[PDB]
> 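Got a structure for you, written out below as structure tokens; questions coming shortly.
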Amino acid sequence: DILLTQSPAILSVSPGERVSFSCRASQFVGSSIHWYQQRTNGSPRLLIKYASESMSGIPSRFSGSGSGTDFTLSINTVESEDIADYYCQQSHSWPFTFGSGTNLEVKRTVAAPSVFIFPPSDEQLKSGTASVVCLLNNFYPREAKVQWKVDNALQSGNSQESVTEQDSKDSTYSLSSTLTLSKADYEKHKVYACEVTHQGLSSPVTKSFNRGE
Amino acid sequence: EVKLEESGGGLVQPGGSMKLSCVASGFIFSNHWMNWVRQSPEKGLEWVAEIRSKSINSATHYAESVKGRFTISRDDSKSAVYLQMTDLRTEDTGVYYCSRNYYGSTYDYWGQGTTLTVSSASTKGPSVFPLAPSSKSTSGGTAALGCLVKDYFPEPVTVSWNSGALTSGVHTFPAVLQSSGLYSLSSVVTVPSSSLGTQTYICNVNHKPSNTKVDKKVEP
């Protein structure tokens, strides 16, 4: 079977720059290389067939070239909506095979998160569990640090984080940190605080609430 | 407009069976070659099976990894293609796309995918709690609110806002596997703080494998 190698797997470029994705075949595939785009939670979409024919409805900044074993997908001036995984596929020989994908990150200016904290709902509290949620919204770059303090005592082992994929509208990320306690432990303390550090914040940002106010 | 719409995904025990369906419109179904292509974090995009036209004996082809376990079939009178899976394995877990391949070249149209989970754990529907805005979720003229979708299995759940009328500013986080073995996620949205208490905000949670369809009004 023919292996398609897409390397690098990760590309990061500034907006308005030209980017090229590499696809190399372990065997001759002629010009029978097709390119797809897959946005987050979306379906693959055919961009270029047979190495270099863009499909109708595909913006002109997309192009492709190559023949034999070495193929390129280029975007001539990248915008944020181009953030996606990019896949090559060969139909020279059966079975048809896909590359492993290259992810496109589009850089942007530093953006500090907006920070929000959510007490556990009364509805959840009646079940014996308290989830406290801290949201870091629309920030860049991706690296951020979130610490929970409960009556100024730093929490450990009782929280989980989730991060979105980069946003194709504004090139940001968002993060949630969920602190889970029993209703018993929750009711034993007063001050619940989320403390956030990020390249875009000149000092750590704390959001907090007093249980029952 | 070409549309492919899959259905039938869900949870099945290792060694179990499950049949996926896909219904196509917008092209002459009986003239074309229908495919199933699956996707997983580990194996990427993987062609699974193809059934070609009735004119050439409706010939079926399978990836080596599913040969003998999967059967692809079609019903031209319904514009439907089916994938009968048997002797399922943990590594068959993934998203299964219905796709048209143009006579052995491009996969030129794709469905939205349906999700298969091969696991011995049980289906469990989610609990939905509001993430209520106050001043501690008011950053200037922007407020945040959301829904917490807790303790469910398997993936996926969909969350929409105001029945899909509210899409700007929505962030539905990837699920996290909890130590309990159950998933949990939150969906949030940022709105003008002036619209709190004057505009209604409802999250529409759907978790198909448990027939959960819950609408939660999120209030201050």
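Simply put, chain letters go A, B, ... down the sequence lines. Since chain A takes its numbers from the PDB entry, the residues it shows come out as 1-213. We're sticking with the PDB entry numbering for chain B, so the shown stretch reads 1-220, in order.
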> Which drug among obinutuzumab, talquetamab, infliximab, eculizumab, bezlotoxumab occupies the position at chains A and B?
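Among those options, infliximab.
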> Give the name the PDB entry uses for chain A.
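In the PDB entry, it's PF06438179 Fab Light Chain.
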> According to the entry, what name goes with chain B?
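The PDB entry has it as PF06438179 Fab Heavy Chain.
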